[PDB]
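Entry featuring PGT121.
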Amino acid sequence: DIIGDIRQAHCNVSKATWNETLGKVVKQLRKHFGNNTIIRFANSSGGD
Amino acid sequence: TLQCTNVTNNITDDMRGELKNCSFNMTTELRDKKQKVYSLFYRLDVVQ
Amino acid sequence: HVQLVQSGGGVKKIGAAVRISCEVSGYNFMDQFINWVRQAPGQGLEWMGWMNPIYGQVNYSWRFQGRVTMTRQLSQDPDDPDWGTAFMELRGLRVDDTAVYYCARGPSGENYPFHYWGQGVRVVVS
Amino acid sequence: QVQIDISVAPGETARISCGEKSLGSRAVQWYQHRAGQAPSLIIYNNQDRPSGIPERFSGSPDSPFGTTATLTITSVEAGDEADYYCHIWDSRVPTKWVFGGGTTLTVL
Amino acid sequence: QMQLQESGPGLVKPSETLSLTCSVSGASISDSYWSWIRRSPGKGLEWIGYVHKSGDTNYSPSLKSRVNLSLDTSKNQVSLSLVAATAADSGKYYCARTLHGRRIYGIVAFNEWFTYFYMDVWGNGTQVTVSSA
Ligand SMILES: *[C@@H]1O[C@H](CO)[C@@H](O[C@@H]2O[C@H](CO)[C@@H](O[C@@H]3O[C@H](CO[C@H]4O[C@H](CO[C@H]5O[C@H](CO)[C@@H](O)[C@H](O)[C@@H]5O)[C@@H](O)[C@H](O[C@H]5O[C@H](CO)[C@@H](O)[C@H](O)[C@@H]5O)[C@@H]4O)[C@@H](O)[C@H](O[C@H]4O[C@H](CO)[C@@H](O)[C@H](O)[C@@H]4O[C@H]4O[C@H](CO)[C@@H](O)[C@H](O)[C@@H]4O[C@H]4O[C@H](CO)[C@@H](O)[C@H](O)[C@@H]4O)[C@@H]3O)[C@H](O)[C@H]2NC(C)=O)[C@H](O)[C@H]1NC(C)=O
Ligand SMILES: *[C@@H]1O[C@H](CO)[C@@H](O[C@@H]2O[C@H](CO)[C@@H](O[C@@H]3O[C@H](CO)[C@@H](O)[C@H](O)[C@@H]3O)[C@H](O)[C@H]2NC(C)=O)[C@H](O)[C@H]1NC(C)=O
Ligand SMILES: *[C@@H]1O[C@H](CO)[C@@H](O[C@@H]2O[C@H](CO)[C@@H](O)[C@H](O)[C@H]2NC(C)=O)[C@H](O)[C@H]1NC(C)=O
Ligand SMILES: *[C@@H]1O[C@H](CO)[C@@H](O[C@@H]2O[C@H](CO)[C@@H](O)[C@H](O)[C@H]2NC(C)=O)[C@H](O)[C@H]1NC(C)=O
Ligand SMILES: *[C@@H]1O[C@H](CO)[C@@H](O)[C@H](O)[C@H]1NC(C)=O
Ligand SMILES: *[C@@H]1O[C@H](CO)[C@@H](O)[C@H](O)[C@H]1NC(C)=O
């Protein structure tokens, strides 16, 4: 029997660190595709 | 065959019951007798 | 050998879903990504994405995102573990995609470029 | 519901119970009813109480488990004779529209 | 500091509406929620329903189609109306003031909380007796 409260298991990531890291990744990816280009991420689009 | 129902939670329409309360039969040490036991399963462990 | 077949073409009214099946055997099905290539009459080939049957990975084009589902079915029993079926469900199609669809694949260990091709299911819209 | 008769000796505390303990986070309600006068609340949250009413009364905080909502009447007074009713808000088990089983407190 | 005046004849023939009006004197109708309570012999007082600020009232599941509530802004009062009354709904009626409640136990972004309503100011009550004679 489940005792106490019922909630949804969750994850947290610190926003400033995450955004800065994604900025660094963008900076380093722009070298392999030319300086002036646009990069946009998007969540997974299917599968198991 | 698990005869199973929903946990008596205060769920909404969208927030599906993530715990299913399922009862079924099992064979004890004495091979002649069969007992009825209940348990809880997550929604991704039961197919109709 | 390398056996691959298609099924489920035809003509459909606008606003319905077209199912196209590609059934493959003769090789281990875990590897060898399926590549779904569409050929529109009067023009050279165009590519609409690919699928990977290890975990149903998909990778679409810049046009079909939100209109296609590249599903799969593996073999449940270990009796014939190399009988795979890649399904493509196309939805809400405009009148301007009467074409022929092929389920190509690639060499042993890679995916580019396509060697084997399919007889091709032809789909028309009325 | 049932007007169960409970009496408390003056100068000693009393403990009143509300049945059907729930199994989650709760928001308790406790109201009184005195004949011939306007009923008013006594407890609106487990550890938060309305102004005006003297400090003598208190309620059980259900932050740990196994702590049923028990109404504690400290420094009882001859004017405390009334009917005490419970309205339980409960998280897992659904909303209780009807108030819980009441109690009748009389001063001896 | 609001005094709620309950006006009700207290007598209605069977299979007819039992209408009572709780007029508002001390305060304005749009200050907090209005709820209604019915006390009858044999059971404790019952919280029969309430009225939202935007007129989106809620009733108990037992009598959702048997009783109705209305709020009027021209006259500072609330109105309650039983439909097809029988001899078992007689007793005492109270119009009461109710305050919004918001206790959080999970994560707000994922819902996980409940809205509880309680009582802080009651009316002096009205007595209704429904019978053939
Ligand atoms: C990942 O990220 C997500 C981001 O969303 C995280 O999600 C958060 O997760 C936490 C817990 O994991 C949730 O905490 C609950 O929050 C609700 C909402 O309250 C918020 O707002 C309050 C505002 O209060 C005002 O007054 C206080 C004075 O009390 C003042 O200090 C404050 O500045 C403000 O002005 C905040 O106070 C409150 O912070 C609280 O957090 C502490 C956590 O442990 C808590 O202990 C502190 O007391 C502090 O107040 C919060 O920001 C809270 O209501 C809730 O706490 C109540 O419910 C639990 C569960 O039942 C109960 O145990 C608590 O005791 C408390 O219940 C009190 O009040 C009831 C009112 O009726 C009463 O009935 C109870 O008896 C109890 O009263 C007594 O409490 C103490 C107990 O010792 C006692 O000393 C008092 O005197 C009193 O008598 C939870 O804390 C967040 O809601 C949730 N979301 C967000 C957006 O934060 C997630 O956690 C992250 N996960 C990971 C792994 O990183
Ligand atoms: C990746 O992110 C996209 C962001 O748009 C997600 O798309 C959204 O997905 C949700 C849930 O699948 C869709 O809600 C559904 O909408 C349909 C409408 O036909 C409705 O029938 C369902 O009951 C449900 O409400 C939402 O519409 C959709 N939005 C768009 C613009 O496509 C996608 O789900 C994310 N995928 C993953 C794997 O996280
Ligand atoms: C899962 O279903 C079983 C059905 O046997 C529940 O068991 C009974 O549930 C009722 C309903 O509250 C209780 O009054 C009984 O005391 C329970 N009996 C036993 C032996 O536990 C069980 O409670 C259900 N699970 C949950 C979480 O509600
Ligand atoms: C567990 O076994 C018991 C008996 O051993 C089952 O009870 C009956 O099972 C038959 C099927 O053989 C049904 O036709 C009857 O309706 C059952 N009785 C009742 C009162 O329902 C029981 O169904 C089995 N399963 C569970 C979950 O208890
Ligand atoms: C992420 O970091 C970059 C660093 O230059 C900054 O310009 C941008 O505003 C940040 N994004 C957010 C949402 O804070
Ligand atoms: C429990 O979950 C099922 C999921 O299909 C839902 O239909 C049902 O309304 C929920 N509640 C109850 C009491 O069964």
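Numbered from 1 within each chain, the chains take letters A, B, ... in sequence-line order. Only a part of the entry is shown; contacts are counted within it. Recorded method is electron microscopy, 4.0 Å.
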Structural location of PGT121, copies included: chains D and E
Per the PDB entry, what macromolecule holds PGT121 (chains D and E) with the most contacts in this model? Envelope glycoprotein gp120
Contact chains, PGT121 (chains D and E), heavy atoms < 4.5 Å: A, B
Could you check which chain of PGT121 (chains D and E) has the most heavy-atom pairs under 4.5 Å with chain A for me? chain D
